[PDB]
Q: 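As an example, take this structure containing ampicillin (open form).
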Amino acid sequence: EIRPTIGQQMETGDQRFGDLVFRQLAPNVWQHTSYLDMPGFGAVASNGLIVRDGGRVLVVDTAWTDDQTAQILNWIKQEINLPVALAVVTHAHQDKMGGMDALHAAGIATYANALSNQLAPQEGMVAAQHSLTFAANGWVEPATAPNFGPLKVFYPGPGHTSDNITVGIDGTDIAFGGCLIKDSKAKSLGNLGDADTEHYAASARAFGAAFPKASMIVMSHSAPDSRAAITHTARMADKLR
Ligand SMILES: CC1(C)S[C@H]([C@H](NC(=O)[C@H](N)c2ccccc2)C(=O)O)N[C@H]1C(=O)O
Ligand SMILES: [O-]
Ligand SMILES: [Zn+2]
Ligand SMILES: [Zn+2]
């Protein structure tokens, strides 16, 4: 099996499919995990979500690469056998947006923060085809997120990057923090190279306040955790100021 250098390991409840791992989180929600092999370091796991909404599927984040993202679509075809309506990607870095071309080739409508689309070319990424915009309190402008079903998109403020967004899954107790949120036992906040160290703590807390009843917090590089992931992330971020 795949034993990443960074990221959660495989546990009971995980399905290996090609080069990826899938884990059911709820009747209608699965976590996708893909792995970047770094020469001399090993594999770095990155997680996103797959959500069934009636007769259609919604995706949060690509895999690291186009081929891995095509494998996600193949898993969906095999295990769910319903079309992917749209994908939302949570900022312009390779773990979240590296597979855009595979989504586009498949005819899937793609959405990202307008700022992520603006940064994408600068980051070696392909922009999403549609831009999300946000209110002053972080909630997505509904006209920019048409037919999103249970996906509730929230921009918490600058943190891991200035463009990072988060997604709650309405009708569940799950919320997705992407790379903004690290697990409750993490020793670091990960890559702070593009981070806003002044605002990170407030942004992490704003994510918590946006989804105050989410009990399962999903994130990019660890297994789903309790709300202690949010509070621990914010406490680490307090030390940056
Ligand atoms: C896992 C990370 C340390 S790397 C990843 C991201 N970096 C990339 O996607 C880079 N393309 C990359 C370069 C070299 C090795 C691994 C990733 C970032 O800068 O936020 N997210 C970071 C994070 O979530 O803290
Ligand atoms: O990232
Ligand atoms: Zn990032
Ligand atoms: Zn990351």
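Residue numbering for chain A follows the PDB entry; the residues present correspond to positions 30-270, in that order. Side-chain atoms are counted along with the backbone in the values below, which use heavy atoms only and exclude waters and symmetry mates. In each ligand, atom 1 is the first atom listed, and ligand 1 is the first ligand listed.
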Q: Across the whole structure, where does one find ampicillin (open form)?
A: ligand 1
Q: Write down the macromolecule with more contacts to ampicillin (open form, ligand 1) than any other chain, named per UniProt.
A: Metallo-beta-lactamase type 2
Q: Starting from atom 19 (O) of ampicillin (open form, ligand 1), locate the nearest protein heavy atom and write down its residue, its atom name and how far away it is, to 0.1 Å.
A: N220 ND2, 3.1 Å
Q: Judged on heavy-atom distance to atom 16 (C) of ampicillin (open form, ligand 1), which of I210, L65, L209, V73 sits nearest?
A: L65
Q: What source organism does the PDB entry list for chain A?
A: Klebsiella pneumoniae
Q: Please report which non-hydrogen protein atom sits nearest to atom 17 (C) of ampicillin (open form, ligand 1), along with the residue it belongs to and the distance in Å to one decimal place.
A: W93 CZ3, 3.7 Å
Q: Just need the protein heavy atom nearest to atom 11 (N) of ampicillin (open form, ligand 1), so name the residue and atom and give the distance.
A: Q123 OE1, 2.9 Å
Q: Report the overlap between the UniProt substrate-binding residues of chain A and the residues with a heavy atom under 4.0 Å from ampicillin (open form, ligand 1).
A: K211, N220
Q: Which other ligands or ions approach ampicillin (open form, ligand 1) to under 4.0 Å?
A: ligand 2 (hydroxide ion), ligand 3 (zinc ion), ligand 4 (zinc ion)
Q: For ampicillin (open form, ligand 1), which atoms sit closer than 4.0 Å to a heavy atom of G219?
A: 25 (O)
Q: Nearest to atom 2 (C) of ampicillin (open form, ligand 1), what protein heavy atom do you find, and at what distance?
A: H250 NE2, 4.2 Å
Q: I need the atoms of ampicillin (open form, ligand 1) closer than 4.0 Å to a non-hydrogen atom of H189, numbered in the order shown.
A: 20 (O), 23 (C), 24 (O), 25 (O)
Q: Identify, by atom number and element, the atoms of ampicillin (open form, ligand 1) in contact range of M67, meaning under 4.0 Å from any of its heavy atoms.
A: 15 (C), 16 (C)
Q: For atom 5 (C) of ampicillin (open form, ligand 1), what's the nearest protein heavy atom and its distance?
A: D124 OD2, 3.4 Å
Q: Is atom 25 (O) of ampicillin (open form, ligand 1) in close reach of the protein, with a heavy atom under 4.0 Å away?
A: yes
Q: Using a heavy-atom cut-off of 4.0 Å, list the UniProt Zn(2+)-binding residues in chain A near ampicillin (open form, ligand 1).
A: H122, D124, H189, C208, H250
Q: Less than 4.0 Å from atom 14 (C) of ampicillin (open form, ligand 1), is there any heavy atom belonging to the protein?
A: no
Q: Does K211 have a heavy atom less than 4.0 Å from any atom of ampicillin (open form, ligand 1)?
A: yes
Q: Under 4.0 Å from atom 7 (N) of ampicillin (open form, ligand 1), do we find at least one protein heavy atom?
A: no
Q: For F70, is the nearest heavy atom under 4.0 Å from an atom of ampicillin (open form, ligand 1)?
A: no
Q: Please list the residues near ampicillin (open form, ligand 1), using 4.0 Å as the heavy-atom limit.
A: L65, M67, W93, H122, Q123, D124, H189, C208, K211, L218, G219, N220, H250
